[PDB]
Undergrad: 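Take this structure first; my questions come after.
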Amino acid sequence: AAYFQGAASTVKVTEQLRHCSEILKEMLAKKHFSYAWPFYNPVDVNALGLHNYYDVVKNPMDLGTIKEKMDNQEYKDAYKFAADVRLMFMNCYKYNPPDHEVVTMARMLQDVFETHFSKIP
Ligand SMILES: CC[C@@H]1C(=O)N(C)c2cnc(Nc3ccc(C(=O)N[C@H]4CC[C@@H](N5CCN(CC6CC6)CC5)CC4)cc3OC)nc2N1C(C)C
């Protein structure tokens, strides 16, 4: 009984993290490029002229960083992964006026993410 329950837990967490990897690859996949490209790389605040970005956004996040964190064994559960993805979107909505096209793009990518995440075991 104890070994079986222990194995069930290991299997579940592993399946959940494999789903996370599939979702990250889906968001980085090329079918979503039209609205995902602003989230591929960290914001270069100097090139973009955004001297206040780090004052507003205390914990910047982007898909490239999440990928390096996942490749470096840093997510021990799917819920920490999901929190980093949602942070990326939350930062976009906090910094930008809702009428900016980048916010529309975030909403489209977030819908993709949430639809796939809602299917996590
Ligand atoms: C970080 C905040 C938000 C966000 O949440 N994410 C995730 C995000 C991600 N990626 C981007 N990309 C770019 C955004 C913009 C450009 C551009 O050419 N910007 C030009 C506008 C200003 C210009 N200078 C010179 C001329 N000056 C004109 C004089 C009259 C004042 C005005 C100031 C030159 C550069 C290029 C991008 O990438 C190639 N933007 C993002 N935003 C945007 C709202 C900034």
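Using the numbering of the PDB entry, the residues shown for chain A are 257-377, in order. No hydrogens, no waters, no symmetry mates; every other heavy atom, side chains included, goes into these values. Numbering of ligands and ligand atoms starts at 1, following listing order.
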Undergrad: Identify the compound at ligand 1, choosing among dihydrostreptomycin, volasertib, elacridar, farglitazar, troleandomycin.
TA: volasertib
Undergrad: Which molecule here shares more close contacts with volasertib than any other chain, as the PDB entry names it?
TA: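 The chain with most contacts is Bromodomain testis-specific protein.
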Undergrad: Which residues define the site around volasertib at a heavy-atom cut-off of 4.0 Å?
TA: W293, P294, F295, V299, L304, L306, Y309, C348, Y351, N352, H356, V358
Undergrad: Give the atoms of volasertib, by number and element, whose distance to some non-hydrogen atom of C348 is under 4.0 Å.
TA: 5 (O)
Undergrad: Any idea which UniProt domain of chain A makes up most of the interface with volasertib?
TA: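 That would be the UniProt domain Bromo 2.
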Undergrad: So which heavy atom in the protein is nearest atom 35 (C) of volasertib, and how far is it from that ligand atom?
TA: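 For atom 35 (C) of volasertib, the nearest protein heavy atom is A303 O, 4.5 Å.
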Undergrad: Taking atom 1 (C) of volasertib as the reference point, report whether a protein heavy atom occurs under 4.0 Å from it.
TA: yes
Undergrad: In the complex you have, is atom 27 (N) of volasertib within reach of the protein, judged by whether a heavy-atom distance drops under 4.0 Å?
TA: no
Undergrad: What do you think, any protein heavy atom under 4.0 angstrom from atom 4 (C) of volasertib?
TA: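 So far as the 4.0 Å threshold goes, atom 4 (C) of volasertib is in reach of a protein heavy atom.
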Undergrad: Do any non-hydrogen protein atoms sit less than 4.0 Å from atom 44 (C) of volasertib?
TA: yes
Undergrad: Please could you name the atoms of volasertib that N352 approaches to less than 4.0 Å, counting only its heavy atoms?
TA: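 By the 4.0 Å cutoff, the relevant atoms are 2 (C), 3 (C), 4 (C), 5 (O), 44 (C).
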Undergrad: Is atom 16 (C) of volasertib close to the protein, meaning a heavy atom under 4.0 Å from it?
TA: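 Yes, at least one protein heavy atom sits under 4.0 Å from atom 16 (C) of volasertib.
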Undergrad: From atom 20 (C) of volasertib, is the closest protein heavy-atom distance below 4.0 Å?
TA: no
Undergrad: At a 4.0 Å threshold, what atoms of volasertib neighbour a non-hydrogen atom of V299?
TA: 1 (C)
Undergrad: Quick one: does atom 9 (C) of volasertib have a protein heavy atom under 4.0 Å from it?
TA: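 Yes, at least one protein heavy atom sits under 4.0 Å from atom 9 (C) of volasertib.
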Undergrad: Please indicate, with yes or no, if any protein heavy atom is found under 4.0 Å from atom 38 (O) of volasertib?
TA: yes
Undergrad: Where, taxonomically, does chain A originate according to the PDB?
TA: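 The deposit lists Homo sapiens.
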Undergrad: At less than 4.0 angstrom from any non-hydrogen atom of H356, what atoms of volasertib do you find?
TA: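 Answer for volasertib: 44 (C).
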Undergrad: List, pair by pair, the atoms of volasertib and of the protein that are both N or O and lie under 3.5 Å apart, giving the separation rounded to 0.1 Å.
TA:
unit_1     : atom_1 : unit_2 : atom_2 : d
volasertib : 5 (O)  : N352   : ND2    : 2.9

